[PDB]
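This entry carries cycloguanil.
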Amino acid sequence: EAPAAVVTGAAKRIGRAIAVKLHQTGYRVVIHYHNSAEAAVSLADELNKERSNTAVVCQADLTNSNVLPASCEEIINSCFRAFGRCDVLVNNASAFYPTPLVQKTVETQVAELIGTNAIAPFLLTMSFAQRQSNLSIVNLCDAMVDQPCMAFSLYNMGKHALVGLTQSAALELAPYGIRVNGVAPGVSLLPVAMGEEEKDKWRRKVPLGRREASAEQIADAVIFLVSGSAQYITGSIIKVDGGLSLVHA
Amino acid sequence: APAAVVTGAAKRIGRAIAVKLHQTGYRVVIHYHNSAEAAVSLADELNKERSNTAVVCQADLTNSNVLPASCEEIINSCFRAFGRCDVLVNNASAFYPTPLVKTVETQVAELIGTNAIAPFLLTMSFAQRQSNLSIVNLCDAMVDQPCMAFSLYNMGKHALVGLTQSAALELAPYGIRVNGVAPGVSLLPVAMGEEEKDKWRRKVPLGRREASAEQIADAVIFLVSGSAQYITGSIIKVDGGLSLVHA
Amino acid sequence: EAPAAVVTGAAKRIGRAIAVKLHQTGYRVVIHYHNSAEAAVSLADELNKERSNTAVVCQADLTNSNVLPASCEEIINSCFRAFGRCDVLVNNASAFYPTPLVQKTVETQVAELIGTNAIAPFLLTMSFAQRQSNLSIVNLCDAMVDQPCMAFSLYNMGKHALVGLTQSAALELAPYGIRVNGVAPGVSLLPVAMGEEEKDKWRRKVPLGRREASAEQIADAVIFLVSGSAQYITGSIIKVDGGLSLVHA
Amino acid sequence: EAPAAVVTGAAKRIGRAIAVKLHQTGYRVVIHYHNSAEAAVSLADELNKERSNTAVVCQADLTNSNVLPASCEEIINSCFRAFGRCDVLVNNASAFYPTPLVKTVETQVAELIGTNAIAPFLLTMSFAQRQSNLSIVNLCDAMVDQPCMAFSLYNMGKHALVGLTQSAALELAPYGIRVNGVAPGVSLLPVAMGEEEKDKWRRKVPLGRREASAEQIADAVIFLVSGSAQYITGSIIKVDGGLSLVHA
Ligand SMILES: NC(=O)c1ccc[n+]([C@@H]2O[C@H](COP(=O)([O-])OP(=O)(O)OC[C@H]3O[C@@H](n4cnc5c(N)ncnc54)[C@H](OP(=O)(O)O)[C@@H]3O)[C@@H](O)[C@H]2O)c1
Ligand SMILES: NC(=O)c1ccc[n+]([C@@H]2O[C@H](COP(=O)([O-])OP(=O)(O)OC[C@H]3O[C@@H](n4cnc5c(N)ncnc54)[C@H](OP(=O)(O)O)[C@@H]3O)[C@@H](O)[C@H]2O)c1
Ligand SMILES: NC(=O)c1ccc[n+]([C@@H]2O[C@H](COP(=O)([O-])OP(=O)(O)OC[C@H]3O[C@@H](n4cnc5c(N)ncnc54)[C@H](OP(=O)(O)O)[C@@H]3O)[C@@H](O)[C@H]2O)c1
Ligand SMILES: NC(=O)c1ccc[n+]([C@@H]2O[C@H](COP(=O)([O-])OP(=O)(O)OC[C@H]3O[C@@H](n4cnc5c(N)ncnc54)[C@H](OP(=O)(O)O)[C@@H]3O)[C@@H](O)[C@H]2O)c1
Ligand SMILES: CC1(C)N=C(N)N=C(N)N1c1ccc(Cl)cc1
Ligand SMILES: CC1(C)N=C(N)N=C(N)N1c1ccc(Cl)cc1
Ligand SMILES: CC1(C)N=C(N)N=C(N)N1c1ccc(Cl)cc1
């Protein structure tokens, strides 16, 4: 009776807020994680305290490799194993770090940045569709893909490829009743490693409130796109950026 | 309760928007141009649900020397009736072909005046008269793959995307968010024949579902809600995937 | 015979550079102007000294009004009266000034900023098509239309509408063999009234050389689009912005 | 004195036209190829008959793998070894075939994302590291936002190439390297395709109801590498006869 969702990178930050808000809406959740085992299990424990048997964890590395298709098939399979269905996929996990063009091996950088941001979403989409209502996939995009950060070529390529996937999968999966959309943050929760001065630099750029989005504000757009209020929406990407992408240099 | 202005609210998409805002708890101004009977019938229905929660406002939104005063009056009607104006929905729109190969300047006044200049003037008036404030502009998901011989209409819809972006930036400091909803094929022109309507329906990837005014209104309701408090300068397509479909 | 071109706002600045470059390519030109009669006649004199009977002037206000259609018809007629043909239309004339949303009448600002930037290009395009080899129209667009200057709503609306005209006219006129394209500068010749301090702030934003485009660099892109090297190009807008539109806030 | 350029997938079709027009403009050329050795050598012999010692060939698979970075470094090095300089890189090579959501999938990923995006990335890195008018031109696709059904990996690769074009234009602009794209709509159609199917495509094109020639695509590439485009970076020129403007 209750629908079920997979959220990638759901242990912390935006993915956690998405998983929590889906669970609040009535979903059973698969909390995917890679390194954040403690936080994953903690979250599943909390959700299960709320409604028993409504949350599981699933560990996987989403770096590209010849075994990534099996890892992605396993994530989707974990949903069916736990809940007997899989109604929603949220592709949220993402590696992010600079890859300067002018001077980990570069092949590892490609595997991680293109794998987590683009290839794992594609394979997760394949596995979701093959295993199949209000079914839908939501991809976490980037509102700044056309005004990218200096020296983040590979990350930017991965996020552009994720827009292409959102469009192509929305076209191809529409006859199966699967809607595919994206949510594109601008600045939301800033990197843990970032200093306060640098954080404030980014905050001051945002027209609407001179502040970053909360994780919950991003989650609210995901909730809309999976909801019955979005059943004619497919192939759309909703920027949640407080106006940041409108701001010239 | 908060209050909303919906332009072109007597029929079709704008009526669906007005109904859903009302259902969410807003008081509404139902703007109309030629559709007085329909506007009053809707206000009658809404007032039966909650009395003195819906009023009507007549105005022609063709561009002219008097359009700024007309737009000011629409916003003023909200403040008079309700003491505030939280939401502006720019939905009124003229649509018809203007082949390159009514005088042309009347077509300009109507196509560019209703789809762009009236939204601009209403935005200025709404901002000047100022919570969760926001404006939602009814855009068009096919602005970059336009209908043949619809130059002026397409120019007006592009101008409305520019207004969306420019107004979002400039009003962000006032806490006013400005967003768009871009339908694809929704309620077809009543005029349009049935064979041509079916031809369109067949091209929609999600076309197993019918397009409805309610679906458009649902996107409007999200963007005015507290669930969209960080969203400004965004246009949400509601087109069933149609804009993805190559020739 | 030599082909002929109309260039709007061609007395000074970018429009003059486009006229000169088309003239040096072998075109006969109509130099449209509004207020700059001395500069317009002076340019026509210089071009006619290089090749006799190859340049005329044509005066017109391109503000929107009930007479603008006739003014636009007359510009195109001027080209056919002087030269017997009209192969190229360059829509360069443009008004630009702030129109703040929160505080000339506003209806005047609308007439000027939407008239010169969008309605007069539409009417000129209608007249050019109706009066009809390598025929094309080039619209001077703006590379920063999606990252606009604060308080320039009406200017921005008119430049967006010009993108819409570029696309719509390309689609509709393709069957008649008329191509319609745009050139979108970032920062090129800065306003004459701008102080050097302010000019430098803009220059410093430009990735490629930290300087504005020369008028000739903009004209080079126009010359390509009218040439036989662009014979399959229609509905395209070429940014000529040194990377400015890629730079985040 | 003469500048030099690397063109990937240069033995046939669009890449061959680009190589010829660059040579005609006065460049020395590296003709990269993967499987089309006879055609690559035929072109290099033609070009060298026109002007001695102006064309070489370089073979490489541009599928993604652990050796792809070395391969791409070797292609750029081939230009420096042959000509002493490398002024232009044209990322033209491309795999294209359907990958329906409903060869192993990881081979399809390596091929479609490697040739269309990762090789251009690695070649761009190699080009920039090794450095009058330097530029890179990436062959994009005007239909990236209205994609052919069941081509998700190809479309993801071409979108990633738009991101590379923008990100590389921004990062390389301080070194005076410009990075731009040319996005065909329908140009030379696949060799297998029957005329009836080719005509279905041709009839969709507003401007002339025909596909672009390879030379038409090449002309946009020649503009972007020229002195006439010295302020243009991060731009992608659609060469598509209006095709992308046509609704369903
Ligand atoms: N935060 C923003 O300002 C912002 C801006 C633009 C776009 N976004 C997008 O929104 C989504 C959420 O952002 P966020 O800041 O919450 O992300 P985040 O904290 O940087 O990362 C999300 C999760 O990704 C997982 N991840 C990283 N590498 C992985 C790998 N190799 N295999 C599997 N999982 C891996 C990590 O899981 P473990 O912790 O379990 O290792 C991580 O917690 C991301 O897609 C991001 O690109 C965010
Ligand atoms: N498939 C679709 O329906 C579709 C597709 C794309 C975009 N849209 C956009 O969505 C919005 C609503 O669509 P719709 O089909 O419901 O619109 P519509 O029925 O065609 O027109 C809505 C209202 O516009 C008002 N209007 C027309 N000319 C006017 C003028 N000179 N002054 C004042 N009002 C005027 C009319 O009000 P009166 O009846 O009171 O005179 C009309 O009822 C429009 O902005 C439209 O462009 C709709
Ligand atoms: N310059 C830049 O950095 C830049 C950046 C982005 C876009 N652009 C676009 O590129 C084009 C050329 O730029 P620019 O700086 O050379 O333009 P500009 O000097 O600001 O204006 C060009 C001409 O427009 C004509 N004009 C102004 N109002 C008019 C009216 N009411 N009726 C008829 N003509 C009118 C004027 O002719 P008279 O002098 O004869 O009165 C003026 O010389 C414009 O479309 C502009 O928007 C330029
Ligand atoms: N033709 C069109 O209509 C059209 C439309 C849109 C975009 N484009 C783009 O324009 C470019 C030229 O198009 P085209 O039709 O001439 O291309 P094409 O003939 O399909 O392919 C170009 C060359 O790509 C090379 N290539 C394929 N797989 C490779 C691999 N694993 N490693 C190295 N090289 C490989 C091949 O070289 P070998 O022959 O030596 O093996 C092939 O000759 C492509 O980027 C394409 O995506 C073309
Ligand atoms: C690093 C972080 C948080 N994480 C991912 N996965 N993607 C981003 N875009 N991020 C991000 C990077 C820089 C800034 Cl300023 C904001 C968010
Ligand atoms: C004022 C000027 C020169 N002129 C027009 N018609 N359009 C612009 N965009 N301009 C412009 C405005 C600001 C800057 Cl910074 C550069 C050019
Ligand atoms: C196969 C071909 C020629 N080759 C590549 N590398 N890319 C494309 N986009 N192509 C293409 C595919 C279909 C059509 Cl209709 C036209 C060109």
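A, B, C, ... go to the sequence lines in the order they are written. Following the PDB entry, chain A shows residues 2-104, 114-142, 152-268, kept in their order. All chain B residue numbers match the PDB entry; in order, they span 3-103, 114-142, 152-268. Following the PDB entry, chain C residues are numbered 2-104, 114-142, 152-268, in order. Numbering, chain D: per the PDB entry, residues 2-103, 114-142, 152-268 in sequence. All ligand and atom numbering here is 1-based and tracks the order in the structure. What's counted below: heavy atoms across the whole structure, side chains too, no hydrogens, waters or symmetry copies.
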Location of cycloguanil: ligands 5, 6 and 7
Chief contact partner of cycloguanil (ligand 6) - name in the PDB entry: Pteridine reductase
Cycloguanil (ligand 6): other chains, heavy-atom cut-off 4.0 Å: C
Residues near cycloguanil (ligand 6), heavy-atom distance under 4.0 Å: C:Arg14, C:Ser95, C:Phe97, C:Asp161, C:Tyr174, C:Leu208, C:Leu209, C:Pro210, C:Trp221
Atoms in cycloguanil (ligand 6) with a heavy atom of C:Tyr174 nearer than 4.0 Å: 7 (N), 8 (C), 9 (N)
Where cycloguanil (ligand 6) meets C:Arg14 - atom numbers and elements under 4.0 angstrom, heavy-atom basis: 3 (C)
N or O pair under 3.5 Å between C:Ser95 and cycloguanil (ligand 6): yes
